[PDB]
Every structure is written in structure tokens, then in C-alpha cells.
Amino acid sequence: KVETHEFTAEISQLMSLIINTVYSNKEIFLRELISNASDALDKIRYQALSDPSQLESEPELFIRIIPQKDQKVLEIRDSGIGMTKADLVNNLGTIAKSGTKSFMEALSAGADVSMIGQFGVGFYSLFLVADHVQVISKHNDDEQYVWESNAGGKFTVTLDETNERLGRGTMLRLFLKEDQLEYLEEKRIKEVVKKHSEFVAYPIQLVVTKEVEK
Ligand SMILES: CCc1cc(C(N)=O)ccc1-n1nc(C(C)C)c2c(-n3cnc(-c4cnn(C)c4)c3)ccnc21
């Protein structure tokens, strides 16, 4: 049911550096997350070329941004390849450890947080704008799971029994910091997407909730 795992010391050091930094251009968080989405989609598209049945869990390949102002949550969804529990618990653990080691060495050499994506750990840039994250992911040949963390030193992995079935892929839910609620506004998201994501081979859809003036 609910597994709990501790973050390595170094990974907690990096996650705390990110949340607490006052780096000026925090919008890069969304280029990093879209980038991870485009990659996950590149993976399933290629695998399906020689095995078209890998797509019958979700035929369309897309990226979808859903602000939820009531909940103060910014949602980022794709139909990419998704992630197994083994990816969530162990296999991205070792990718996260190595990428964090390299990324810290770069920072200690005057490198920038906006370079985080070259180290395979772009996902952690969400703490520029969010203090908590839930990751819902569904891989073909595995069940749907929810990975959860608050930048501390623990994260959980839970068999997913409460959300809409995804079909295939990944949804991220960023619980925005109280001072970063601009990233719920449609105009801003359009701003950031068109400045830092010109070259993405998949649709980026925006799901805007507006009251009707009657
Ligand atoms: C590149 C994989 C990916 C794809 C998409 C997509 N398809 O859109 C979205 C996000 C991510 N990412 N990227 C990461 C890290 C590796 C940078 C990550 C993650 N994770 C974070 N830390 C641990 C961790 C530390 N220690 N251990 C034992 C486990 C695991 C948990 C869930 N999704 C993660």
C-alpha cells in the first residue's frame, strides 16, 4: 500500500537549496517539466513504431496544463510512457543520486539552477514554485501509483485507488507556494510556454476554467 523511503542526504541538500533559493527566473520550472513530458512522449512513440499495441492504453500523444485555482494546484499531464513503481522507488533513485552529485559539483563551480535540466533532475526545479508535489503515473504492464514528497527527506509511493485512471502516462500536481500563484493564470502560462518551449513536437493544451458572465 504506502511505502515510505528516505532521500539521500545530498538529495535533500539539493531539494532544500531549490525551495529556499531566491533565483529570479523561477518560470524555468515549467520548461523543465514540459521537457520531461516531451521526453516521456518521445519514448512511447518510438517504442510503438515496432509495437503499435503499446498505444492502445491512450492513442493520443499530448501535454496538458490544468490550473486548479480552488486547490491552488498547477497540474501537468502527458500521455508519455509513464513510470513503474520500480522506476519510482529505485531506478530514478539512482538517476537522481548521480544527477544530483553532478549538479552540485556544477553549482559549486558557479553554474546555474536553470542548467538543472542537463543533469537529469529537472523535475526537482518544481520546488522553485511549489512546496509539495504529487506524481500520478501509469506505465503499461504496471499499475497506477502516486509518488509524493514535500522537499523534505521523505517521499511516499502509494498504490493509486482514488484518482481518475490515466490510461497511460504521468500527471504532476504542483501545490504552488503562496507567492507563486501567477502560474495559475492563463495569460502567464501562455507567456512562459511560448518563451521557453518553442520546439516541442507534441500538442501543449491549456485547460482554462472561466465563469460565464450571465
Ligand atoms: C525523468 C522521470 C520523470 C518523468 C516525468 C514525465 N514522464 O513527464 C516527470 C517527472 C519525472 N521525474 N524525474 C525524477 C527525478 C529522478 C529527477 C522523478 C522522481 N524522483 C525524484 N526523486 C526520486 C528518488 C530519490 N531517491 N529515490 C530512492 C527516489 C524519484 C519521481 C517521479 N518522477 C520523476
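Along the sequence shown, residues carry numbers from 1. Computed from heavy atoms alone, side chains included, the values below leave out hydrogens, waters and symmetry copies. Atoms within a ligand are numbered from 1 in the order they appear, just like the ligands themselves.
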**Student:** Can you point out which of emetine, pacritinib, crenolanib, pimitespib is the drug at ligand 1?
**Tutor:**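 The answer is pimitespib.
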**Student:** Which macromolecule is the chief neighbour of pimitespib by contact count, per UniProt?
**Tutor:**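 Most contacts: Heat shock protein 90 homolog.
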**Student:** So if I count the atoms of pimitespib from 1 in the order they appear, which ones are less than 4.0 Å from some heavy atom of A37?
**Tutor:**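 Atoms satisfying the 4.0 Å criterion: 8 (O).
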**Student:** Can you tell me the protein heavy atom closest to atom 17 (C) of pimitespib and the distance?
**Tutor:**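 Answer for atom 17 (C) of pimitespib: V121 CA, 3.4 Å.
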**Student:** With respect to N90, determine whether any N or O atom, backbone or side chain, lies less than 3.5 Å from an N or O atom of pimitespib.
**Tutor:**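 Between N90 and pimitespib, no N or O pair is found under 3.5 Å apart.
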**Student:** Backbone or side chain, does any N or O of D78 fall under 3.5 Å from an N or O of pimitespib?
**Tutor:**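 Yes; at least one N/O pair falls below 3.5 Å.
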**Student:** Considering the heavy atoms of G120, write down every atom of pimitespib situated less than 4.0 Å from one of them.
**Tutor:**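 Going through pimitespib atom by atom, the ones under 4.0 Å from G120 are 17 (C).
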**Student:** For pimitespib, which atoms have a heavy atom of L88 less than 4.0 angstrom away?
**Tutor:**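 Near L88, the atoms of pimitespib are 29 (C), 32 (C).
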**Student:** At a 4.0 Å threshold, what atoms of pimitespib neighbour a non-hydrogen atom of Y124?
**Tutor:**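 Those qualifying, in numeric order: 21 (C), 22 (N), 23 (C), 25 (C).
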**Student:** Provide the number and element of each atom of pimitespib under 4.0 Å from a heavy atom of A40.
**Tutor:**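 In order of number, 7 (N).
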**Student:** Atoms of pimitespib less than 4.0 Å from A96 heavy atoms?
**Tutor:**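 The atoms of pimitespib under 4.0 Å from a heavy atom of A96 are 16 (C).
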**Student:** Going by the order shown, which atoms of pimitespib are within less than 4.0 Å of some heavy atom of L92?
**Tutor:**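 Within the 4.0 Å cut-off of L92, pimitespib contributes 16 (C).
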